[PDB]
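Oxamniquine bound to Sulfotransferase oxamniquine resistance protein.
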Amino acid sequence: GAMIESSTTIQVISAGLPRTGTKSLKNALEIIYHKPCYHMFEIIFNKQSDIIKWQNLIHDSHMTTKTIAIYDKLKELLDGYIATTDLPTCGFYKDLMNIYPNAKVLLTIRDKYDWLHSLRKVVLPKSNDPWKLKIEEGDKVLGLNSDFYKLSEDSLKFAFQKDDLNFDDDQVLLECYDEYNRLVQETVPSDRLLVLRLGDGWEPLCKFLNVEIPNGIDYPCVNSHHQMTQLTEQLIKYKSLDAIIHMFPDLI
Ligand SMILES: Nc1ncnc2c1ncn2[C@@H]1O[C@H](COP(=O)(O)O)[C@@H](OP(=O)(O)O)[C@H]1O
Ligand SMILES: CC(C)NC[C@@H]1CCc2cc(CO)c([N+](=O)[O-])cc2N1
């Protein structure tokens, strides 16, 4: 197909929750558009200064005139990106739809129990889980402090629309997961939505986006809980990111 000059603006809004293939999608979108895609990894590795901006945004977003102030902040944060995935953005998908009226919406989904088990190993271990101590240690090596965890928890609460949330309760999380995914499919016009099951790969995505399947490039498969466990252990061992970054080429 012909090469065309794509606009550097948000073209794709992904509503999928963490641990649903969002980093693979981020990588795939960057392969298609040759511009960056937002993801929690963007905050952790490139823009930790964004953390307080997202926290402020979530704080203001329970609240027209104040709507515009928030929408402007949302635009500032996403400037120069061509897509959004993952926390903290995914909870804002309805607002992003208004701000970027020509952007299409994706929903990444998977088996709810596989999701919960992935989440527990990586994002939200039970507070009695000894692994949680390793996660906290690896996080410190990356320079992630209490404000990062606050942003993580608050943006999940915001996505699930729940003033508080027993994070140690599987049944609660499973119910929020199903309800969240259900509400996305109800809220977004089917013309504007593509639902992607883990493992679907390039074809339905590229069709939806009217682009050619990348030549000879397999659809990304990254950010497994096994890989994140290795990253955590390596961070603990070497006490820096830069010491090991060459060992995780596509992941980061
Ligand atoms: N192309 C692909 N095919 C199958 N699973 C994939 C995949 N890309 C990512 N995943 C899975 O999606 C999860 C990561 O999602 P996210 O990037 O949103 O955190 C991981 O699940 P597991 O932890 O169960 O291995 C990872 O294995
Ligand atoms: C030791 C290091 C690997 N820990 C970082 C971890 C794993 C990556 C990660 C990803 C997300 C969302 O994709 C969130 N989140 O939901 O805020 C938190 C974290 N925290």
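Numbers for residues simply follow the sequence, beginning at 1. Both counts, for ligands and for their atoms, begin at 1 and track the order of listing.
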Provide the full list of ligands or chains belonging to oxamniquine.
-> ligand 2
Close-contact set for oxamniquine against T232 heavy atoms, below 4.0 Å = 1 (C), 3 (C)
Output the list of atoms in oxamniquine that are nearer than 4.0 Å to some heavy atom of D86, sorted by atom number.
-> 12 (C), 13 (O)
How far is atom 17 (O) of oxamniquine from its nearest protein heavy atom, and which residue and atom is that?
-> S152 OG, 2.4 Å
Is the shortest N/O to N/O distance between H39 and oxamniquine below 3.5 Å?
-> no
Mode of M228 contact toward oxamniquine - side chain, backbone, both, neither (heavy atoms, under 4.0 Å) | side chain
For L87, take its heavy atoms, then give the atoms of oxamniquine lying under 4.0 Å from any of them.
-> 16 (O)
Within-shell test, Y149 vs oxamniquine, heavy atom, strictly < 4.0 Å = no
Is the shortest N/O to N/O distance between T22 and oxamniquine below 3.5 Å?
-> no
Give the residue and atom name of whichever protein heavy atom lies nearest to atom 6 (C) of oxamniquine, and the separation in Å to one decimal.
-> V122 O, 4.0 Å
Of the protein's non-hydrogen atoms, which lies at the shortest distance from atom 19 (C) of oxamniquine, and what is that distance?
-> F148 CZ, 4.1 Å
Identity and separation of the nearest protein heavy atom to atom 11 (C) of oxamniquine | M40 CG, 3.7 Å
Given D154, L151, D139, which one has a non-hydrogen atom that is nearest to atom 4 (N) of oxamniquine?
-> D139
Give, by chain and number, every residue with a heavy atom within 4.0 Å of oxamniquine.
-> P18, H39, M40, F41, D86, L87, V122, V123, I135, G138, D139, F148, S152, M228, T232
Mind listing the N or O contacts between oxamniquine and protein, cut-off under 3.5 Å?
from, atom 1, to, atom 2, distance (Å)
oxamniquine, 4 (N), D139, OD1, 2.5
oxamniquine, 13 (O), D86, OD1, 3.3
oxamniquine, 13 (O), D86, OD2, 2.5
oxamniquine, 15 (N), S152, OG, 3.2
oxamniquine, 17 (O), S152, OG, 2.4

